[PDB]
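The structure described below contains imipenem (bound form).
In this entry the chain letters A, B, ... are assigned according to the order of the sequence lines. Sequence positions for chain A are given in the PDB entry numbering; the residues included correspond to 23-146, 154-265, in order. Residue numbering for chain B follows the PDB entry, covering 23-146, 155-265 in order. Read the numbers this way: they start at 1 and go in the same order the structure lists the ligands and their atoms. So how was this one determined? The header says X-ray crystallography, 2.2 Å.
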Amino acid sequence: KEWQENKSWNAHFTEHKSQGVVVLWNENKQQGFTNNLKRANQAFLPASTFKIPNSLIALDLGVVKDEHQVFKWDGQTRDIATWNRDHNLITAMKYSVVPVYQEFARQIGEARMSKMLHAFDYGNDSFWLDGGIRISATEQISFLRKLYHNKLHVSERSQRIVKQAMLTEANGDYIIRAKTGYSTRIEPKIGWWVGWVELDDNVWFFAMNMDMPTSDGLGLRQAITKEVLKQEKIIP
Amino acid sequence: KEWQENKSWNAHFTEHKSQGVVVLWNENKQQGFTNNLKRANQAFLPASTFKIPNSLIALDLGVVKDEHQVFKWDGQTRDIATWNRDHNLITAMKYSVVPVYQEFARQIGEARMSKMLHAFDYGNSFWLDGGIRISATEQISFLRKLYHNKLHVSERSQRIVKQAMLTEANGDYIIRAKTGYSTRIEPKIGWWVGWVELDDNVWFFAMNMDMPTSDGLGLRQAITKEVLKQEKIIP
Ligand SMILES: *C(=O)[C@H]([C@@H](C)O)[C@H]1C[C@@H](SCC/N=C/N)C(C(=O)O)=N1
Ligand SMILES: *C(=O)[C@H]([C@@H](C)O)[C@H]1C[C@@H](SCC/N=C\N)C(C(=O)O)=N1
Ligand SMILES: [Br-]
Ligand SMILES: [Br-]
Ligand SMILES: [Br-]
Ligand SMILES: [Br-]
Ligand SMILES: [Br-]
């Protein structure tokens, strides 16, 4: 619908010698805001943000029975400690456990994965890491709004379970449901944070990506998004 | 002399795809604020902001008798229309009439210019392409002496220059200020320095910003005012 460029948010990026985009969508007012309309509409690899639709499809097809089912560690030690243990959907999403999601994708199969992504109108195996799938910030928001309103073609149940699994932060002021991403297999190397802020009276959808040349800057994904949310008085 | 960085003002620069510093000084609270403590303390060529001390010295030495004395156009046409006419101190300051100020400087002479700038503790054609340099915070320090009539020149000299600095006034505020554009030496910068008089307080300000072309000159005032609006110093 209607979009507005707010170049003042660029200050949040330059303060950290960083480049990227934040996109906000005010659900009540049906209005979007971004520091960079062009980058807002540039498609990148989803990386770990692909765990949202992967989770939805796995649940809807019964590849994942529920958020309690245990996926046993395969015993192969990997360089992220949190991966080297048993997981359920909740902890697999929280710790971005690629091995668990690769197994989901194999059991889903490329034919069913394709029909589901087409039905989700999601962007355009390992394809979400080093393959052809691409999605923009504004496309992330468009997908997330369908998930929020249970409007994706999968069961309501599938959508409620994934939204539970997206829980990141909650207090008396706000709830954040979101997914982090880090795309390194193809240039440019970017960090993602996509999801939404639930308030008493409104929802603010958000999608941000930023240049991530090294691991060191990963915290800026959350820190820069929150600086924008603070500035717009969406959270304290 | 306590200073505080307020990085939120950087929004006013980035909104205009621009880089620079604004420095504010709250006279009542004796506190300063800037978006960039480092750039606040970087010295640049004063350019037309040098007309403030040049005016003060010219008046104190009797090179300029008063704000009404006429400086006759020398008849040489220059690329700034407003320069191609007679001027007094008021219009020479308003239109930044370099030829008038060069004549002041010649009659002052380098010896008296030097002793006066030392007595003013001012910074470290010389103000355009020479050795004189001043920071935003040094501008504020000089302007506060002018405001309080504490520069070593006559009170009269100081009142006349403050009159000549008048830029804008209404029922909300008075601005006394001088614009500058430094182009002879890199980096090319715009200046706006002066103060905002309110009923109960004075806010000193000094801003400079990268000015690669003529196109952005209005941002000197526009960005300073966005900061003054945000801090609720003016509506
Ligand atoms: C999601 O964005 C994941 C999270 C851990 O940052 C990344 C992990 C990579 S594969 C493993 C690379 N790092 C190993 N130490 C990934 C992907 O390539 O899509 N998602
Ligand atoms: C002050 O900053 C001046 C205003 C007009 O922008 C600016 C003009 C330049 S050119 C000097 C003119 N040369 C001969 N008449 C200038 C400077 O060079 O310092 N200041
Ligand atoms: Br929940
Ligand atoms: Br991640
Ligand atoms: Br007098
Ligand atoms: Br006056
Ligand atoms: Br000027």
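- In the structure shown, the parts corresponding to imipenem (bound form) are ligands 1 and 2.
- Lab note: main contact partner of imipenem (bound form, ligand 1) (name per the PDB entry) = Beta-lactamase.
- Other chains within a heavy-atom distance below 4.0 Å of imipenem (bound form, ligand 1) are, by letter, A.
- Checked against a 3.5 angstrom limit, the closest N/O atoms of A/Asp101 and imipenem (bound form, ligand 1) fall inside it.
- Every atom of imipenem (bound form, ligand 1) with a heavy atom of A/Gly210 under 4.0 Å away is listed here by number and element: 2 (O).
- Counting heavy atoms closer than 4.0 Å to imipenem (bound form, ligand 1), residue A/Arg100 contributes nothing at all.
- Contact atoms of imipenem (bound form, ligand 1) toward A/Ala69: 2 (O), 19 (O) (distance under 4.0 Å to a heavy atom of the residue).
- Closer than 4.0 Å to imipenem (bound form, ligand 1), one finds the following other ligands or ions: ligand 4 (bromide ion).
- Source organism of chain A in the entry: Klebsiella pneumoniae.
- The protein heavy atom nearest to atom 19 (O) of imipenem (bound form, ligand 1) is A/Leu158 CG, 2.9 Å.
- Within a 4.0 Å radius of atom 3 (C) of imipenem (bound form, ligand 1), the protein contributes at least one heavy atom.
- Set against the non-hydrogen atoms of A/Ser70, the atoms of imipenem (bound form, ligand 1) under 4.0 Å away are 1 (C), 2 (O), 3 (C), 4 (C), 7 (C), 20 (N).
- Between A/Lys73 and imipenem (bound form, ligand 1), no pair of N/O atoms sits closer than 3.5 Å.
- In this entry, the covalent bond from imipenem (bound form, ligand 1) runs to A/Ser70 OG.
- Within 4.0 Å of imipenem (bound form, ligand 1) on heavy-atom distance sit the residues A/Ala69, A/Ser70, A/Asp101, A/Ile102, A/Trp105, A/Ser118, A/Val120, A/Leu158, A/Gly210, A/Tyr211, A/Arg214.
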